[PDB]
Undergrad: 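The following block contains the structure, expressed as structure tokens.
Chain letters follow the order of the sequence lines: the first is A, the second B, and so on. Shown for chain A, in order and in the PDB entry numbering: 185-610. The numbers used for chain B are those of the PDB entry, and the residues that appear cover 185-610, in sequence. Determined by X-ray crystallography, 3.0 Å, according to the entry header. Side chains are part of it too, since the values below use all heavy atoms of this structure and drop only hydrogens, waters and symmetry mates. Remember, it's 1-based here, ligands and their atoms both numbered in the order they're listed.
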There are 2 protein chains.
Amino acid sequence: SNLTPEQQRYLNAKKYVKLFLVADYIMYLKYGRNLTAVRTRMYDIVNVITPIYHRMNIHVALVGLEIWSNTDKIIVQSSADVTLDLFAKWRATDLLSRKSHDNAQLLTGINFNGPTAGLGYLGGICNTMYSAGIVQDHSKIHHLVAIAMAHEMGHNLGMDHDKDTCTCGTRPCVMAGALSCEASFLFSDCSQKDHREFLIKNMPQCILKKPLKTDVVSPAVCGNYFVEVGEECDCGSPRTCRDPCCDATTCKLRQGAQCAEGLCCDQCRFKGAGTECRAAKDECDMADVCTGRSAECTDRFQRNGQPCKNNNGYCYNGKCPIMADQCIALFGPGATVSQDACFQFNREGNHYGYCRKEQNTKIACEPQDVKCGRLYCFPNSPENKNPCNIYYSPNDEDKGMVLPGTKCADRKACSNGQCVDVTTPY
Amino acid sequence: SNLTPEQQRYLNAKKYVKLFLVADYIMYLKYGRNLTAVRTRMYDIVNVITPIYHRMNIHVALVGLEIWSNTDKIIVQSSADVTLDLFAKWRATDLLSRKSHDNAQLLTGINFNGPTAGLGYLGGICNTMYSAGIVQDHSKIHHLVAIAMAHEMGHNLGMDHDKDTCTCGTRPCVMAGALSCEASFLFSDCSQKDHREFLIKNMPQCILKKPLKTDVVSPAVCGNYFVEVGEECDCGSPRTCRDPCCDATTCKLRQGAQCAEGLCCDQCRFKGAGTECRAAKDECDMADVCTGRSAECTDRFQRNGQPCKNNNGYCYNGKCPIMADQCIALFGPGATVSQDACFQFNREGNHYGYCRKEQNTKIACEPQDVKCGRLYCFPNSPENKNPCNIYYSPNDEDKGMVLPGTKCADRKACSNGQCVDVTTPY
Ligand SMILES: *[C@@H]1O[C@H](CO)[C@@H](O[C@@H]2O[C@H](CO)[C@@H](O)[C@H](O)[C@H]2NC(C)=O)[C@H](O)[C@H]1NC(C)=O
Ligand SMILES: *[C@@H]1O[C@H](CO)[C@@H](O[C@@H]2O[C@H](CO)[C@@H](O)[C@H](O)[C@H]2NC(C)=O)[C@H](O)[C@H]1NC(C)=O
Ligand SMILES: CNC(=O)[C@H](Cc1c[nH]c2ccccc12)NC(=O)[C@@H](CC(=O)NO)CC(C)C
Ligand SMILES: CNC(=O)[C@H](Cc1c[nH]c2ccccc12)NC(=O)[C@@H](CC(=O)NO)CC(C)C
Ligand SMILES: [Ca+2]
Ligand SMILES: [Ca+2]
Ligand SMILES: [Ca+2]
Ligand SMILES: [Ca+2]
Ligand SMILES: [Co+3]
Ligand SMILES: [Zn+2]
Ligand SMILES: [Zn+2]
């Protein structure tokens, strides 16, 4: 109730963690230079992690797998801390450059200094440079290694270590700071909360996108609640399965049934074509309709240029980019758009003030394209004595620039560093 | 059901296990190419083993450590069975030829196929071809890796897996078929009995020899029940120590104490000079007496020459070496000394028949020193057609020759490939 319609809508949204596992050189050697063995080892670990996170309304999906059999791609060392750091960086510049994934975990055969069996950036989930974690293949029992991985992933998802009071049952919980073969596959009531609050406050977007059945590289497992290649539906085990449209025993649709789950499926039958499946959430969202011959129901948004937010902007691919909200995202609450005069600094085409970067140079904004270059904000505070303040980033000079589609005038929005009319398909 | 003098005598003897550990290349990489780390690992493991086996009157002592930091000497595969064989043969071939030890254990970071976490020949202790075992550094907790090694060594000591009727408390025992991370460091009642029986019906001699304090390659540890360099005594950990003569904390004798161990040590004091500390086992043995100013009991014997074995041999360093028994030792029962004529082949000076080596050459025997070269025996098998038979080891050529002090002529014995008189100090 206290949660915005979006927050509640976010929490209710099923979660997916497109995971990308990585086995290091020692893992390859550890398993007799047998890629099949290493690969299988990982698959199993996943078969333990998946059912664990189901109780968190999160489906871990192995969308990728890499075994450094020819040689490691990062200086994996006894220092769990350094290893994590190097792994994350590699993951940010190398891996993410060729394979899109929500989180990556490193399974190494090396032995980290001290009792630590893994590390994972707290809340780093979805984050390009922090949604990672490392785990030592510390025990022969893969069930224990999986828990270790779930632990690290637990951190990535905002969860902390269980404190004395925290409980999940009569045995230790995944987030217990110390392992043991008496460890369960349950998260303490604390973890449950920490996670929830984390989600509410951050709402990491990436964990919302469901991977394609083909994106999953893990051997299809019937009963894991996820329809994988070769399966028609997955409602879990015959005992837990609650969908009459599916045969939990073989993961196949039952005679007559055309679909099992989905917004466009009622009583095991494709909803009539034209029937609405998803209503409009905002003034830029367009109610979705069922094709009638499919089980899914793609999402569509209003046509760009559609006035939104009391005529303060124009819809852009479902969103309503306002120059005001952008300042609040760059500097925080209370932040406001600097007066017009400020944007005139874009006509200088200097290091920060510009509109477009054709090749690598900087083109000064045209007198009528100023509000499309660098965004000048002003934190509405009785302290700040500067009306014009920009948000620069040495790494990305685009960061801090007026987002595309941002209303730069009446019936106009920024396309490519220029204030153009919103009456033209953009 | 009864126990023979030699058996009881053997049982009472303090047992020692000069262990040699070997780490594979993966172990090297598994610990960041840090020899200190790998050594420390092996050291910690021995620290857990020692106390376990002491309860068995067995003092484990690390007399050798070899880390294959450059390359493995054998092809360590995921097949435990094949690795055990390769290692067992390597030891019998390369290792034993470089350093003497009672038993070797291969600690590898490789993962064995299936649940197997180690392997070790049954009752192969002291055997040059079977006193070996392979252990997987499967867990991060060296405690479980120690129990694993203790388990394999257990087999080497004639111990077998525990039956559901065997116990050692509430926790599972070392020789438990399944390795629980809650496993204790105790041996089941069955384990202890099989061991006793094994020792009685075998009496592996190598474990009777105590390792010189200078042979222990492992760092001195006050509490390892072994008086190493810089220690006056070692009653184990200060917590378990029960010896009223030793300061378990400093491994120093307490005030008013002259000793803590020794046949000539009683109640922390030296037994008075003259006191008997050992009876004569055979006819070539002389009762031993305490000096009064020492805790040890030197085992003196009869002067070499004393008639023994019903006048078939002459005492030699506490033993009565006679060809009669030698043949039986080399070719089993029924084997008897061949007829004089045979020994003539020793004059041959050829490949096998000789009396002694200079360096690479062999000084053939002479008409009299003939019966002091290669021992000639013959099987009593009716199907036998050869009177002169020989035992020859291409590995060690000395093997098969007549034993020193062995009664050759009448009142003479073999000294150095020569039949010298027994009256002369040989
Ligand atoms: C690589 O590892 C795989 C297993 O991880 C080995 O294949 C297994 O072989 C056994 C028979 O000994 C089968 O019972 C298993 O089902 C197989 N595992 C599966 C499902 O692949 C394979 O032999 C190893 N490679 C080699 C030849 O060393
Ligand atoms: C090589 O391995 C040894 C471990 O045997 C490391 O030494 C340890 O260093 C830590 C400090 O980080 C101490 O707390 C431990 O007590 C040390 N172990 C012992 C007993 O030596 C050493 O730092 C490693 N070297 C490298 C390059 O990492
Ligand atoms: C197998 N090793 C373990 O169980 C050690 C135990 C431990 C860590 N710190 C300690 C301080 C005192 C006593 C024991 C420990 N803990 C770990 O590996 C945990 C480390 C962690 O919290 N990583 O984020 C991750 C694990 C939960 C998978
Ligand atoms: C960590 N894995 C284990 O505990 C497995 C369990 C196991 C062996 N055989 C089985 C058959 C069916 C199911 C499980 C097993 N056992 C071992 O590693 C034991 C193997 C052995 O007997 N070595 O001599 C050595 C061990 C005591 C250290
Ligand atoms: Ca499935
Ligand atoms: Ca829609
Ligand atoms: Ca000691
Ligand atoms: Ca004596
Ligand atoms: Co003792
Ligand atoms: Zn943690
Ligand atoms: Zn066994």
Undergrad: List the drug name recorded for ligand 4.
TA: GM6001
Undergrad: Give, per the PDB entry, the macromolecule that holds GM6001 (ligand 4) with the most contacts.
TA: vascular apoptosis-inducing protein 1
Undergrad: Which other chains does a heavy-atom search at under 4.0 Å around GM6001 (ligand 4) pick up?
TA: B
Undergrad: Other ligands and ions under 4.0 Å from GM6001 (ligand 4): which ones?
TA: ligand 11 (zinc ion)
Undergrad: Organism of origin for chain B, per the PDB?
TA: Crotalus atrox
Undergrad: What residues, by chain and number, sit within 4.0 Å of GM6001 (ligand 4) when only non-hydrogen atoms are counted?
TA: B:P299, B:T300, B:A301, B:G302, B:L303, B:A332, B:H335, B:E336, B:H339, B:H345, B:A360, B:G361, B:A362, B:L363
